[PDB]
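All residue numbers in this chain count up from 1 along the given sequence. Looking at the header, which is where the method is noted, we find X-ray crystallography, 1.4 Å. Computation of the quantities below employed the complete heavy-atom set of this structure, encompassing side-chain atoms and omitting hydrogens, waters and symmetry-equivalent molecules. As the structure lists them, so they are numbered: ligands from 1, and atoms in each ligand from 1.
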Amino acid sequence: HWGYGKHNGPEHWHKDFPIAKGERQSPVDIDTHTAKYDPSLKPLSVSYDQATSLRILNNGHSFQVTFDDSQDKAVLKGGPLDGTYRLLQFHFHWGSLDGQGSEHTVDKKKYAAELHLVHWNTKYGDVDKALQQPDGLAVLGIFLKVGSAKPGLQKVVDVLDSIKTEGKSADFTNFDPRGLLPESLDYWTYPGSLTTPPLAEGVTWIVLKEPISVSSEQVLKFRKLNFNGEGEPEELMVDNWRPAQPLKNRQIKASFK
Ligand SMILES: NS(=O)(=O)NCCNc1nonc1/C(=N/O)Nc1ccc(F)c(Br)c1
Ligand SMILES: [Zn+2]
């Protein structure tokens, strides 16, 4: 029922999900001049060498690549995090034009797209329990700008023609998510929420400072996806982003000066 259109988009979500107007909603604008460098923050540990990707799915909102999270194979540790967070899936948000598509903004700047790598805290045993905890989830957010092609994204782009419509899935084994990371792990962090229903307020956000570059041809292939199911009127999957939400009583911390 929820989506990104005039009649079902972000301004409507609070009716089914009242936490949409909560105290720790995401995304937010990252004001680089009010974010506090926190020298007590540790380096982030991204340990993706043993990652086991499974499937790629058009879920009617985005496309997602799912991972085996039955063991510590692809984990995030350190930075602002206590303990070990397992990678469950990644997905993207993107625009109809190159000047919009990101959910987070940086000094009000919107990027062409944003990659979200979703992780859950292993002390809660499964993602369904983790979703109910204020420290249950950690999302690593990476901005996309249009420039040079990202070679590590091409295997994703090339399969999207096989998952054009809602509910379509395909095998997507042996994908290495290390190929989606920028050089630097410098980040901003703040407590927030999922940016899609159910908008659960259990996410530690880690947003990397350095965007990755993707080619115009790569992002054009995202924009050929459909929100609709096979047989329904064709509605291009574009502008599947939630805008910035009130910061309220929150501090954004930076890992870098
Ligand atoms: N745009 S965002 O903030 O990164 N949204 C991510 C939303 N997806 C998920 N968050 O955390 N588990 C997620 C996910 N991926 O397949 N499955 C999932 C599993 C169980 C549940 F009860 C719910 Br609700 C979602
Ligand atoms: Zn997301």
Enquirer: I'm looking at ligand 1, any idea what drug that is?
Expert: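 The name is epacadostat.
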Enquirer: I'm curious which macromolecule has the most heavy-atom contacts with epacadostat - what does the PDB entry call it?
Expert: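 The largest contact partner is human carbonic anhydrase IX mimic.
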Enquirer: Which residues of other chains have a non-hydrogen atom closer than 4.0 Å to epacadostat?
Expert: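 Counting heavy atoms, it is made of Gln64, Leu88, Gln89, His91, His93, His116, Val118, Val127, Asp128, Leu131, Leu194, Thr195, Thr196, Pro198, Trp205.
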Enquirer: According to the entry, what organism does chain A come from?
Expert: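 According to the entry, Homo sapiens.
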Enquirer: Give the atoms of epacadostat, by number and element, whose distance to some non-hydrogen atom of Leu194 is under 4.0 Å.
Expert: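 Those atoms are 3 (O), 5 (N), 6 (C), 10 (N).
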Enquirer: So is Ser193 polar-close to epacadostat, meaning N/O to N/O under 3.5 Å?
Expert: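 No: no nitrogen or oxygen of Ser193 is under 3.5 Å from one in epacadostat.
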Enquirer: Within epacadostat, which atoms have a heavy atom of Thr196 less than 4.0 Å away?
Expert: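 Under 4.0 Å from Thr196, epacadostat has these atoms: 5 (N), 7 (C).
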Enquirer: Any nitrogen or oxygen of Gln89 lying under 3.5 Å from a nitrogen or oxygen in epacadostat? Just yes or no.
Expert: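 Yes: some nitrogen or oxygen of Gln89 is under 3.5 Å from one in epacadostat.
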Enquirer: Show the atoms of epacadostat that are less than 4.0 angstrom away from any heavy atom in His93.
Expert: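 Matching atoms, with element in brackets: 1 (N).
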Enquirer: Among protein heavy atoms, which sits nearest to atom 13 (C) of epacadostat, and what does the distance come to when rounded to 0.1 Å?
Expert: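 Nearest neighbour among protein heavy atoms for atom 13 (C) of epacadostat, to 0.1 Å: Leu88 CD2, 4.0 Å.
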Enquirer: Can you find a protein heavy atom closer to atom 21 (C) of epacadostat than 4.0 Å?
Expert: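 At least one protein heavy atom is under 4.0 Å away.
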Enquirer: What protein heavy atom sits nearest atom 23 (C) of epacadostat, and how far away is it?
Expert: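 Answer for atom 23 (C) of epacadostat: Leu131 CD1, 3.4 Å.
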Enquirer: Closer than 4.0 Å to some heavy atom of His91 - which atoms of epacadostat meet that?
Expert: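 Those atoms are 1 (N), 2 (S), 4 (O), 5 (N), 6 (C).
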Enquirer: List every atom of epacadostat that sits less than 4.0 Å from any heavy atom of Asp128, numbering the atoms from 1 in the order shown and giving each element.
Expert: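 Those of epacadostat that fall under 4.0 Å from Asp128 are 22 (F).
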Enquirer: Should you measure from each heavy atom of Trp205, which atoms of epacadostat turn up under 4.0 Å away?
Expert: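 Here the atoms of epacadostat in question are 3 (O).
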Enquirer: Within epacadostat, which atoms have a heavy atom of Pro198 less than 4.0 Å away?
Expert: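 Near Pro198, meaning under 4.0 Å from one of its heavy atoms, epacadostat has 24 (Br).
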Enquirer: Would you mind checking which non-hydrogen protein atom is closest to atom 3 (O) of epacadostat, with the distance to 0.1 Å?
Expert: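 Scanning the protein heavy atoms, the shortest distance from atom 3 (O) of epacadostat goes to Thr195 N, 2.8 Å.
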Enquirer: Please determine if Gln64 has a nitrogen or oxygen closer than 3.5 Å to a nitrogen or oxygen of epacadostat.
Expert: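 Looking only at distances, the answer is yes, because the N/O contact criterion of under 3.5 Å is met.
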